[PDB]
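Heading - probenecid complexed with Solute carrier family 22 member 6
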Amino acid sequence: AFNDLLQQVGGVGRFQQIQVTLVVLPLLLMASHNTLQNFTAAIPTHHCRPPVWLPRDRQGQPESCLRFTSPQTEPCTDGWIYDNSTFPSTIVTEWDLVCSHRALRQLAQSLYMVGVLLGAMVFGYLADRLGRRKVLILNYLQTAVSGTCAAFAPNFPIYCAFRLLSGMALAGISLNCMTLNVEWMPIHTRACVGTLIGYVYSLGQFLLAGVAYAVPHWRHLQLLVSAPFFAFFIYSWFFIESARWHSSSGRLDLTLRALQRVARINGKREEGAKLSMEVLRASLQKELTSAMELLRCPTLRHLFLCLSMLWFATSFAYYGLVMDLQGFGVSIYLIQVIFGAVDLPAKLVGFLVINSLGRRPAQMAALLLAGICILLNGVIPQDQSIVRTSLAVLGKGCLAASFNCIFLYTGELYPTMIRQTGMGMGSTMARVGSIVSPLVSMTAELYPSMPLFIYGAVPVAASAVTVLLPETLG
Ligand SMILES: CCCN(CCC)S(=O)(=O)c1ccc(C(=O)O)cc1
Ligand SMILES: [Cl-]
């Protein structure tokens, strides 16, 4: 069928190398946006601005947001004095998100993930109607414009609104980056394309660490990260629309003109000449010839409820650990580098294990170790720095490996008639976990160590539900 035409037109040739590289390139800045709150919203040490004046906690530091009424307690009313030695200006220092507004920092991150969740749902449907190239162009422009306006937001509600729209646009690019590349690649390569995207996203953690080290101002950093998406919109007009979508849309005239252009780039002009309407109609016989069944059929229910738990738990604990970089005693400019560095060997071990033993034993190992490492982190006293840092790095490594393991597992358990819906609805649960993770982080005011326990007790429970899945090997 269609797979033969791509092989006939040149397979993986010059066009595929140019297009896939250009489409996947913006994924470097994807990790620089989700994690950006660690650098544009860091909390420097703040002691209350005097009108001797500042009571001290039993540790010894000046108490946060309590000052003596008369010189040697009353809450701050003249503002705060921040530490300008390592963080010049973050959104916490710009709008006093310190004591009565601790949750306002986490709420802004939660509102961003609502954009990511809403972006995939809306722009996923919009892609199937206006194409994959047109939606990608509109997402490149929206990400650049909405990201830029956040760097100039005069009010906190304006900052949240212009970051929610950035999250809405940044889900469309990630979703369409996979679709526009997979559809132009042969079927047997589809497994490799998903791996490349994850590794490309992995290198994005390094880029954020490098940029945030040289441009610490939050207004400059937010603008600088969203600046390149203007250049990703200028060259987005030269993409070649996915020919598979054109054939499915019923416009077989377009899919002949799309394939011939690929033949010219790939150099197989003569084989491109043989293409015509009549051969296209005959070859594309099975191409032109629903989530409701995912909740109705009994045998498919057991997969959806189970698989939604692994997707949710893996992402819920991933963003409950990535966003905590300041409680380790090491500079965040180094922990972020280490966090992205452990991503690669952990994924390689994950790929090595599944091919060696299976998928179910790999899934239990990936999550339970992450749940144990996170849980042990909370009990271990903060005095230990190397011990606590090692556990968190090891925990984030497993959760990175769990993402690859659960992505391949979803693509092999769901039947081919449902996979597109099952994978699409599977990743939606992942974005739901990213929303709830900051909200769970907001309860640290009720109990200092509660968020770590919830971030650890969830993957442990998920490791106790992955035993209800048929392993796929051979
Ligand atoms: C199903 C999407 C998962 N995501 C969460 C969306 C809010 S993601 O941010 O795009 C991501 C994170 C990490 C890795 C990895 O390292 O394996 C891959 C993808
Ligand atoms: Cl996503």
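Residue numbers start at 1 and run along the sequence shown. Side chains included, hydrogens not; waters and symmetry mates left out as well; all remaining heavy atoms used. Read the numbers this way: they start at 1 and go in the same order the structure lists the ligands and their atoms.
In this structure, the ligands or chains belonging to probenecid are ligand 1. UniProt's transmembrane segments of chain A, taken in order from the N terminus and checked for a heavy atom under 4.0 Å from probenecid (ligand 1), yield 2, 5, 7, 8, 10, 11. Counting heavy atoms under 4.0 Å, the binding site of probenecid (ligand 1) comprises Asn34, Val116, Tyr201, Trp311, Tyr318, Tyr319, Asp343, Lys347, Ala400, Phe403, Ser427, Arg431, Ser434.
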